[PDB]
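Snapshot of N-phosphonacetyl-L-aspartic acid at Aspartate carbamoyltransferase catalytic subunit.
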Amino acid sequence: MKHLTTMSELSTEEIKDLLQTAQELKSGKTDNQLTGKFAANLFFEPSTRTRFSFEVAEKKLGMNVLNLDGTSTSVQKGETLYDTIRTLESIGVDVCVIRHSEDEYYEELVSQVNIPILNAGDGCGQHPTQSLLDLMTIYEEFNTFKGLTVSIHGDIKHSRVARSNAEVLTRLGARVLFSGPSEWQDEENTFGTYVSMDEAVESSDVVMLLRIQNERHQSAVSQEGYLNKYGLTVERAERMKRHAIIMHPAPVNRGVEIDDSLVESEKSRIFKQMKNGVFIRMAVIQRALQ
Amino acid sequence: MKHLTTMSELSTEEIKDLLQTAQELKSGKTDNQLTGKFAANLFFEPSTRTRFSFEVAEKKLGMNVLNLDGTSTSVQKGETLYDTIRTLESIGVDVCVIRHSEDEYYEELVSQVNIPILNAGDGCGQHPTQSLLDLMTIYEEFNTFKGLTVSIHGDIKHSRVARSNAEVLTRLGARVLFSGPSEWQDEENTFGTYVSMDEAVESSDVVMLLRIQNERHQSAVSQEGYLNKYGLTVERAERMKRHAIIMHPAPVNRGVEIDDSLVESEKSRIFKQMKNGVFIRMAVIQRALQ
Amino acid sequence: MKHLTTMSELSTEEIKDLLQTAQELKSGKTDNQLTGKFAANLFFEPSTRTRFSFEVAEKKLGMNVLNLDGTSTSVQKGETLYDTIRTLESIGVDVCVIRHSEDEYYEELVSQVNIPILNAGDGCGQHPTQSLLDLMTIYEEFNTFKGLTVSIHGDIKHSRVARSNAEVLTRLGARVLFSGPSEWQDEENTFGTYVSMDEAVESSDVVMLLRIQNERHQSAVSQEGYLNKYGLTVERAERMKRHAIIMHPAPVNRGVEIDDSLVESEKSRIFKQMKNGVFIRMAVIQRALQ
Ligand SMILES: O=C(O)C[C@H](NC(=O)CP(=O)(O)O)C(=O)O
Ligand SMILES: O=C(O)C[C@H](NC(=O)CP(=O)(O)O)C(=O)O
Ligand SMILES: O=C(O)C[C@H](NC(=O)CP(=O)(O)O)C(=O)O
């Protein structure tokens, strides 16, 4: 039993092992050991990739799957997250995947519950499996992290993606750059140098775009002309290194943080990221259940 | 790869083959060609028959199923339908079933995506699997379409069922009649003769009833005494040909377009339609992935 | 085909049999008689234990599962519950599980539908599988019902649990005590003796707590200090018989009807209830389909 909650508490060796496993499974290697066991997907926030890649991963591992929403479950009757987990243990669930609006919802749980918890996202906190498939995608491309320059752009302080990726990339020996509206920068995220998109887009081996976390803002603010100012425009992408890649955890808001024509251009690895997500998540479930 | 979007682009030959395949599947034919493959059901409008007959179909084919609604997916974050399909492709989905409010949502998709799209309904546009199962049911009854007189009643204007059935029935050599409030007739559906229910009910070999598309009208209008005025009353049903049948795409609004006692009367094939739905949908999936 | 609607129509012999079957199931026994059949779970009210224990039970029986709610189905188009059930029969569903807001929704169905119906809860009416859970857990504890004193506390008026449990308990030879706010007492449930919590907690072999049915009240009222007044406080739990147990159909509102520290205390069988729920529900499904 191993939780996957925060990227900062996962060692370099474990990351290295998870990537190898994921790569092998992607290669065709299979395993049935978990056939018949039960996984529960609890998503209290909207999702497509994370949620359904987990379901695919679970079913490829031969597992039965229970899918829980926040509006149809007894959470409507005031049940706590912990009780929901204990309930799921009681009816035979072996592992739980959770996405929740509350930053660090898992701290209370990991010490109390008896089955592995896989964090599919905690508000603006952590997003471990996104980080892992990001790393995998990067390593597949450059076959190393050391000496890489990776720039993360946009709404940083509301991003569990950036918060997971910045520390671990630095830890793996890469240089991390930030950019975007100064208002949206993170003082709790020092693992990167704040520069401008125009500066970073030329020194970056990786250009990671972020969606604006509109649903997470205290107050809605104008974002007219965001693309020109902060986004990856065609002209900006044309100034990227030959070997550089474009990444984005999705969903993309075409015409906002990236030009519509770039999403599926030569240097884009956005959809490749989604492919790797499945195998990364298969690996993570195996790690969780031994 | 073969999409299924509009009935008007389905050849007479393809139709006949789908009906034959459906019959074989109905009579127990099976194979594991599709076992373990993934099907995704994207339903953005309510549904019971189409959605779940598809799920049953997919599972009888031995497929793994993913169910997406639109309020719990990342469409909520602004993701386009196109990006949603590509996302599903990336994670290993082989076929997508889509029901959407936007007429012809699929026109954009079919030229761009790399997996079969099965249209489960586009606003007031087309509803091909309904048409196919309607044809199957009629064919089981008369072993022919040539010379048949089929009347379609009620809210034609907002009916993707009427749109699909009218063109294809006349194309198959049937005579089509329309009835219902003149206000709800469709000038862009000229494949039938407009008459009154009272006339059509004695001339018809098939009486096809439609539900009022309340949720699709620009503004709500009274519908008091609809049954007596426009609907299939007991008195009207008693004037039907001895060998004529009653059909309805469902759900039925008992007391509106049809008298409560008729839904499961001798001449009714309403539930037989739902039965055929599964096999028609199996056949369509087999066609898409051949 | 044996429906399960209300406890009062379930004989003592049928009950003892379901409990023996659930025990054998709980010990690991299974068979293949239901492999590949279809179960449908129609939940129109929120639920965690009942809905997902049913799904688990179903999967453990080797069945395919269809999950329907209220907002995404064609109930939205005005389809009656009856037509919904008949529709499911037509597409190949062998048994239906239903939780609905309308008391006794099932009495118009039992005489009309052609497949077994399993009531997962009808408004403030009955909750048969919960009751069976309770009986099982109670029987596991004391190995008998005769001579037992069982107290049920709180919002009796709006409890389908209390209604199922009260009669069947006294029928099995146990004495039932009632407790809680006098306004929330039920005149349509006279199978117990109203007393104060402080009294019952000392004379009870089983102390069964109920959640306040806030979502079911015609008018909201204050419930300040509910714990200290009507609930199971730490102080009160200390005065329980040595061999007595705490039960609660869940979910619990920690701090309302029970002190936070008692939910998982030595005398609590609340989570054991959830465990037995699966096997009871397996047994009930086996009974429904012969
Ligand atoms: O939604 C974001 O922009 C980033 C990130 N996106 C994803 O995880 C992909 P999805 O919401 O389709 O599961 C996340 O934090 O949820
Ligand atoms: O909704 C109508 O009345 C006709 C038709 N109905 C169906 O296809 C059946 P369902 O909505 O239960 O899947 C449709 O256009 O969606
Ligand atoms: O809800 C209650 O407090 C009692 C009872 N609770 C249960 O059945 C458990 P659940 O709602 O998680 O399935 C019921 O009537 O729904």
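The chains carry the letters A, B, and so on, in the order of their sequence lines. Sequence positions for chain A are given in the PDB entry numbering; the residues included correspond to 1-290, in order. Residue numbering for chain B follows the PDB entry, covering 1-290 in order. Residues 1-290, in that order, are what chain C shows, numbered as in the PDB entry. Note that ligands are numbered from 1 as they come in the structure, with each ligand's atoms numbered from 1 the same way. Computation of the quantities below employed the complete heavy-atom set of this structure, encompassing side-chain atoms and omitting hydrogens, waters and symmetry-equivalent molecules.
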In terms of chains or ligands, where should one look for N-phosphonacetyl-L-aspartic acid?
-> ligands 1, 2 and 3
Find all other chains that place a heavy atom under 4.0 Å from N-phosphonacetyl-L-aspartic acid (ligand 1).
-> A, B
Taking only heavy atoms of A:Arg211 into account, list the atoms of N-phosphonacetyl-L-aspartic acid (ligand 1) that are under 4.0 Å away from them.
-> 1 (O), 2 (C), 3 (O)
Whether A:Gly121 lies under 4.0 Å from N-phosphonacetyl-L-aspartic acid (ligand 1), heavy atom | no
Numbered atoms and elements of N-phosphonacetyl-L-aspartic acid (ligand 1) in range of A:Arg160, under 4.0 angstrom, heavy atoms = 14 (C), 15 (O), 16 (O)
Which bit of A:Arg99 is near N-phosphonacetyl-L-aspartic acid (ligand 1), meaning a heavy atom under 4.0 Å away: side chain, backbone, both or neither?
-> side chain
Where does A:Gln213 meet N-phosphonacetyl-L-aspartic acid (ligand 1), judged by heavy-atom distances below 4.0 Å: at the side chain, the backbone, both, or neither?
-> side chain
Hey, is A:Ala120 touching N-phosphonacetyl-L-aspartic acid (ligand 1) through its side chain, its backbone, both or neither, going by heavy atoms under 4.0 Å?
-> neither
Which residues of chain A carry a UniProt L-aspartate-binding annotation and have a heavy atom under 4.0 Å from N-phosphonacetyl-L-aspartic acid (ligand 1)?
-> A:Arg160, A:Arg211
Taking only heavy atoms of B:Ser74 into account, list the atoms of N-phosphonacetyl-L-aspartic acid (ligand 1) that are under 4.0 Å away from them.
-> 10 (P), 11 (O), 12 (O)
Look up the source organism of chain A in the entry and report it.
-> Bacillus subtilis
Enumerate the atoms of N-phosphonacetyl-L-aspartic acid (ligand 1) whose separation from the nearest heavy atom of A:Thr48 is less than 4.0 angstrom.
-> 10 (P), 12 (O), 13 (O)
State which residues of chain A, listed by UniProt as binding carbamoyl phosphate, have a non-hydrogen atom closer than 4.0 Å to N-phosphonacetyl-L-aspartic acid (ligand 1).
-> A:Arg49, A:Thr50, A:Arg99, A:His127, A:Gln130, A:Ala250, A:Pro251
Please report which non-hydrogen protein atom sits nearest to atom 6 (N) of N-phosphonacetyl-L-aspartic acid (ligand 1), along with the residue it belongs to and the distance in Å to one decimal place.
-> A:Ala250 O, 2.7 Å
What are the neighbouring residues of N-phosphonacetyl-L-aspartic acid (ligand 1) within 4.0 Å, counting only heavy atoms?
-> A:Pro46, A:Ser47, A:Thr48, A:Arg49, A:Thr50, A:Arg99, A:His127, A:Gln130, A:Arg160, A:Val161, A:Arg211, A:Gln213, A:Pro249, A:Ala250, A:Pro251, B:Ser74, B:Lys77
